[PDB]
Student: 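Our group is looking at a structure that contains soraprazan; some questions.
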Amino acid sequence: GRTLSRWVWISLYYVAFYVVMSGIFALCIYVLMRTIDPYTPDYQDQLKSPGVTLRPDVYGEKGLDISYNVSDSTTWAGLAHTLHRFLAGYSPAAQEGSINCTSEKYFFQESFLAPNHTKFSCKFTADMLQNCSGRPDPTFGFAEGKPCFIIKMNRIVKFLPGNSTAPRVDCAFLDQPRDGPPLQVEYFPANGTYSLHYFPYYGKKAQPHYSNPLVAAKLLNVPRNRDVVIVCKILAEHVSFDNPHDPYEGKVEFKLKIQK
Amino acid sequence: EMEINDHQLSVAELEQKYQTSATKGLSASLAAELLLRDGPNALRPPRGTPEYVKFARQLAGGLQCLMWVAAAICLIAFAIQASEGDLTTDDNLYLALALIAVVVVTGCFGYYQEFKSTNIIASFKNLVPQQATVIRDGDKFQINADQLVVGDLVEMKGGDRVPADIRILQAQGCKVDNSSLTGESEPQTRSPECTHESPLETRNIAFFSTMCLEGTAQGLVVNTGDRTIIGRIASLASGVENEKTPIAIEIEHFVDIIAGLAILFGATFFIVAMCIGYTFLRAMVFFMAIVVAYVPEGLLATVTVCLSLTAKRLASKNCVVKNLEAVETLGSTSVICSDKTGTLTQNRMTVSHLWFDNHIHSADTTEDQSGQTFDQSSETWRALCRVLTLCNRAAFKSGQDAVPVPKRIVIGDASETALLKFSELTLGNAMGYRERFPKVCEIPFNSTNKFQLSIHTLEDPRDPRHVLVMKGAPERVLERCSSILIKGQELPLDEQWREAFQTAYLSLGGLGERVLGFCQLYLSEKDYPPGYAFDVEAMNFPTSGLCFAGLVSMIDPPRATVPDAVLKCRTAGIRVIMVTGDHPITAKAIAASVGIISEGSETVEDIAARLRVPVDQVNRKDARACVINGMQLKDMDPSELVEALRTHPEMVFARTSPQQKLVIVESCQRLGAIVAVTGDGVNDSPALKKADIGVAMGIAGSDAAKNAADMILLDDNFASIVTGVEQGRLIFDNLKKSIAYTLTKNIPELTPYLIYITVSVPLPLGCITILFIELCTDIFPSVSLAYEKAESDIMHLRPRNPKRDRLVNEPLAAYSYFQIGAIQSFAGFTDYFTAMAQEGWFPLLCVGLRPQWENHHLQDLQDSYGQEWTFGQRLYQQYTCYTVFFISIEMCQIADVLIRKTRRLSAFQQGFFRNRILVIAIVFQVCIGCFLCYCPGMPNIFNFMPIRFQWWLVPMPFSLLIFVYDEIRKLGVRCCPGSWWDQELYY
Ligand SMILES: COCCO[C@@H]1c2ccn3c(C)c(C)nc3c2N[C@H](c2ccccc2)[C@H]1O
Ligand SMILES: *[C@@H]1O[C@H](CO)[C@@H](O)[C@H](O)[C@H]1NC(C)=O
Ligand SMILES: *[C@@H]1O[C@H](CO)[C@@H](O)[C@H](O)[C@H]1NC(C)=O
Ligand SMILES: *[C@@H]1O[C@H](CO)[C@@H](O)[C@H](O)[C@H]1NC(C)=O
Ligand SMILES: [Mg+2]
Ligand SMILES: [Rb+]
Ligand SMILES: [Rb+]
């Protein structure tokens with residue numbers, strides 16, 4: 001096409017042009033990454049309500065479906081192992097960088113008091129569940145036919161879910177009212193509450209050694225050999241638990257079939 | 001078939017061949033039998049026009065072929081993906097479905113845009129069946145011309161249309177108009193004797209579409225329908241296959257460029273996909289992704305409406321085109337080949353000059369009476385105007401007072417009709433004027449007497465005497481003239497005048513003009529009292545010693561506006577050539593009267609007659625003009641043709657066959673020129689179709705010429721071709737303005753995808769979102785560039801070279817794609833990362849984060865601030881970076897449309913707001929841009945959500961940067977034509 005001497009001079013122009021534009025980009029991102037505050041999000045326009053997760057997080061298609069056979073240890077060995085390797089950070093040996101929280105209300109830190117200008121973070125260890133901690137039962141109730149399902153919310157910077165009382169999880173079926181009683185669960189801690197001194201979250205940089213509060217739902221009433229669907233709603237004022245475009249907005253639903 | 005020997009037979013042989021009678025005609029039974037055998041005496045129309053298949057063609061083309069291929073790739077990508085496990089997203093289906101949708105909607109658009117063009121020309125056609133006076137079983141009756149069968153006995157009169165191909169048996173001075181078959185504007189004489197062997201030239205054959213001008217004749221039909229001389233020409237014309245228009249050629253050029261780029265990017269980005277650890281199936285999917293991205297979803301629609309507007313501009317001037325592609329051809333055209341009789345000339349015998357008071361006065365030969373008339377003041381003029389008004393038997397038809405005099409239909413001979421329209425213009429109410437002087441005697445034109453004469457009683461009784469008027473051949477009326485009117489007296493016709501009269505006679509004869517002599521004499525009221533019984537057999541009135549009145553000359557003159565339109569095209573750099581079948585001398589006469597041959601240019605035959613040298617010695621290169629008659633062209637060779645074709649630039653072809661017109665166009669197209677031909681008759685229809693564009697007269701045009709044409713001049717205003725090129729030249733420049741606009745946007749939508757592949761960041765842009773840009777938000781601004789006024793004096797530039805000057809080229813595409821789309825890509829990324837960081841995601845976090853982003857199982861993914869987002873919540877963040885990349889395009893596009901307003905001049909020079917329509921298109925680019933964002937519910941109907949007002953302003957600096965950058969580029973090139981800047985930075 002072009003002459004072999006202008007081929008390079010034409011080439012330098014494109015290179016000289018690209019480097020100019022790419023340089024302006026680098027000048028814009030660096031200003032951009034200096035425009036923001038390291039400890040707080042700027043807008044967070046889609047986190048109007050928090051999301052809820054679940055363990056063991058096992059899906060088929062269409063979301064979480066969990067079916068296991070109590071007599072066969074291989075159908076639930078990997079369920080507890082995910083629970084065990086999940087809680088490896090919920091042990092005192094790994095949760096040292098956090099403090100003995102007993103305030104029982106919002107933990108409003110106005111100043112940063114910790115090594116390297118860090119902040120104080122609460123503690124939540126596995127023993128908070130008393131039957132779903134892995135001791136005495138490392139099967140987390142699966143072998144008994146009463147499996148524990150730990151429930152925990154997403155962390156949002158400076159979000160407050162209410163002054164009135166502790167937000168409590170409330171698990172139950174999608175009503176199958178007449179044939180069979182409603183689901184009976186024992187939650188740990190009792191009443192299925194999250195302590196209010198775990199709020200608000202201030203950021204992974206503000207609290208490098210923070211961890212979420214948890215509650216477990218030891219399912220006791222579920223019949224065996226039946227496909228059942230359980231929904232675990234969070235009940236508080238500043239939480240919406242039903243958004244059609246996000247089925248994990250303040251709620252978790254999952255399929256469970258315990259077979260013997 | 002049968003005519004080659006028809007005219008050379010004795011009548012006894014013909015009434016055997018056709019089992020008829022030369023004096024009594026066919027039997028009614030046999031004439032009915034022959035009709036079934038040979039079919040109606042009419043012309044087969046194009047009999048292959050199903051209504052549903054004309055739709056099918058509209059779906060083909062350079063863009064359509066690319067559009068179909070891109071659509072097909074989407075499905076075989078969707079199937080390849082659906083097998084590999086993607087969950088119920090149909091952007092493959094939306095994209096491919098919408099891809100064919102424009103190809104259909106544009107196809108319907110064009111189908112109607114030609115169905116109306118073909119229907120309005122049909123509104124202009126005379127639709128009454130022509131009649132034919134036939135003789136069968138010795139009964140002369142009239143029937144429709146279509147019912148004639150081979151061998152019939154027919155008859156003709158003045159004003160009769162010739163019903164079929166007829167062999168002459170008897171003809172009393174019948175002359176006919178062969179202007180449709182030949183270029184001959186001089187009325188041809190028909191005689192029952194074999195003039196020639198070739199039936200085209202012999203006088204004993206009347207042709208199918210021709211017009212009998214005067215006289216009367218009888219003869220047998222030799223061939224009917226498609227078998228006539230006319231039918232074979234149309235059969236030839238149909239056999240001609242027309243070339244593809246240059247505009248379609250140019251678009252087929254850049255689709256070859258788009259695919260050349262598309263497969264390069266796809267392949268080179270596919271071979272890196274495997275190198276980052278992608279599945280052979282999936283990586284091939286991305287390659288298919290890239291090629292689908294490279295096709296402009298809205299380009300085909302934008303182009304057709306750019307051409308739809310200029311067809312509106314031409315149809316506004318009674319210049320109707322059949323297909324939108326031809327709307328642009330004239331601006332590109334480099335050579336025009338124009339039929340003479342009917343196209344250049346009016347094909348209407350008109351009075352051109354007169355001799356009286358020893359002076360030749362030039363009459364106004366225009367049809368709108370826009371030229372110059374002559375000195376209408378002399379006493380001799382009033383006498384001469386009287387004799388031509390009175391000694392004339394022609395008559396206007398009933399109720400024609402509104403239509404202009406030149407276009408009026410007159411019952412009369414060829415010359416009598418012209419002399420009538422003359423007097424009706426100069427005097428007004430000529431036939432009412434001449435009825436004030438009653439007739440008492442007459443002798444029509446006769447061979448033995450050689451003249452026509454009539455004696456009239458005067459207007460008022462105060463003059464009881466009589467007036468004798470005569471007209472005829474100038475030399476045969478002078479022998480009977482004893483005196484001549486000059487300057488208010490009547491002088492004896494001494495030897496001074498006879499030598500001065502014949503010089504004028506031979507002066508106007510050299511022009512190829514028909515000239516008639518006029519004379520008069522006042523009969524004494526004492527020798528000839530009121531009521532005198534004039535006897536014609538024994539001529540008891542003076543047939544001699546008349547007083548010569550004057551000379552009136554007539555010719556087939558040019559049309560009014562053509563003599564200047566030809567000048568305006570040759571100033572535009574277009575090589576104009578005449579191709580006609582009329583005799584050379586009449587051809588070169590008009591060739592000079594209109595401007596084909598310049599003032600002071602001579603053929604080689606004119607140098608030998610000036611230097612008094614034999615033509616052999618005359619140097620060839622010294623001749624600007626040259627005429628090649630048909631006989632002299634056959635013995636030539638295509639290498640000879642090109643030699644003389646571009647040795648004498650002012651070229652003329654005379655006595656050419658319809659094929660000899662076709663070969664010339666081919667020899668011109670084979671030399672690289674794109675040729676336009678203008679014509680009216682069937683002898684042009686073959687050459688009309690092969691031409692890159694064919695202009696046909698809306699009124700004078702024959703059906704074959706009209707049907708085989710690409711453009712129709714409804715009012716026959718030849719001066720609508722000059723405006724045809726500027727609108728063609730404008731759109732060519734206005735397209736590569738508008739085309740480059742919608743091509744630049746392609747890079748910014750692709751680049752986020754191919755970094756989302758290489759870098760694995762969250763999907764910056766949506767597939768449906770690029771559709772609202774390609775098909776909704778940027779079509780309206782894109783078409784506004786068709787309203788850009790000429791940057792240069794577009795009518796003075798040479799016709800574009802078909803090879804170098806192109807709609808798009810490497811300097812154009814490479815600049816638009818890889819320099820402005822590059823700047824646009826950075827506006828997207830800049831506005832992408834801010835929407836990420838300002839919402840929680842740092843730049844260096846997004847790198848390689850995509851696999852977690854699209855994972856339906858990760859419902860607590862940690863952002864750079866540690867916060868945990870559910871899949872739907874971060875999906876909205878993806879929908880957000882969709883619409884911030886989307887708006888980042890638009891703000892740069894409002895600066896892209898303005899910078900495409902001009903290609904060379906600065907926007908400050910012509911002004912920002914020249915285009916009222918461009919700004920009213922830009923306002924609606926942002927109005928629905930603000931609607932798709934802030935409309936409630938669209939977050940889920942589409943992938944658009946209301947962004948806050950901070951991110952609107954982020955890409956605005958880029959839009960001003962592209963304003964200045966090309967401003968500098970355009971401003972730099974215009975001020976200084978750099979020997980590096982003009983060739984590269986100019987598109
Ligand atoms: C949208 O969510 C699902 C992913 O959609 C894919 C997709 C997404 C974004 N894109 C952008 C910004 C461009 C320029 N292209 C694409 C594109 N193209 C994919 C394709 C499909 C069919 C043929 C070729 C490519 C398509 O599946
Ligand atoms: C933290 O404080 C609680 C309340 O007094 C107590 O039960 C627990 O043992 C304390 N833990 C440590 C490590 O001191
Ligand atoms: C919880 O643990 C206590 C102590 O071992 C036991 O008494 C109680 O039954 C357990 N609860 C359930 C629901 O098993
Ligand atoms: C559970 O496992 C045991 C042993 O593998 C088997 O016998 C039993 O049928 C299983 N239950 C069901 C419902 O299949
Ligand atoms: Mg003609
Ligand atoms: Rb595209
Ligand atoms: Rb054509």
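Below, chains carry the letters A, B, ... as their sequence lines are ordered, and counting in each starts from 1. Recorded method for this deposit: X-ray crystallography, 3.1 Å. Both ligands and their constituent atoms are indexed starting at 1 by order of listing. Any value given below was found using the heavy atoms of this structure, including those in side chains, with hydrogens, waters and symmetry copies removed.
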Student: Which components of the model belong to soraprazan?
Tutor: ligand 1
Student: Identify the macromolecule bound to soraprazan (ligand 1) in this structure with the most contacts, using its name in UniProt.
Tutor: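 It sits in most contact with Potassium-transporting ATPase alpha chain 1.
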Student: Enumerate the other chains with heavy atoms less than 4.0 Å from soraprazan (ligand 1).
Tutor: B
Student: Tell me which UniProt K(+)-binding residues in chain B have a heavy atom less than 4.0 Å from soraprazan (ligand 1).
Tutor: B:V292, B:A293, B:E749
Student: Give the residues of chain B annotated by UniProt as Mg(2+)-binding that have any non-hydrogen atom less than 4.0 Å from soraprazan (ligand 1).
Tutor: none
Student: Return only the organism name the entry records for chain B.
Tutor: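 According to the entry, Sus scrofa.
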Student: So, looking at soraprazan (ligand 1), which transmembrane segments of chain B come under 4.0 Å by a heavy atom? UniProt numbering from the N terminus, please.
Tutor: 4, 5, 6
Student: Show which residues surround soraprazan (ligand 1) within 4.0 Å on heavy-atom distance.
Tutor: B:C74, B:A77, B:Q81, B:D91, B:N92, B:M288, B:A289, B:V292, B:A293, B:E749, B:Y753, B:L765, B:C767
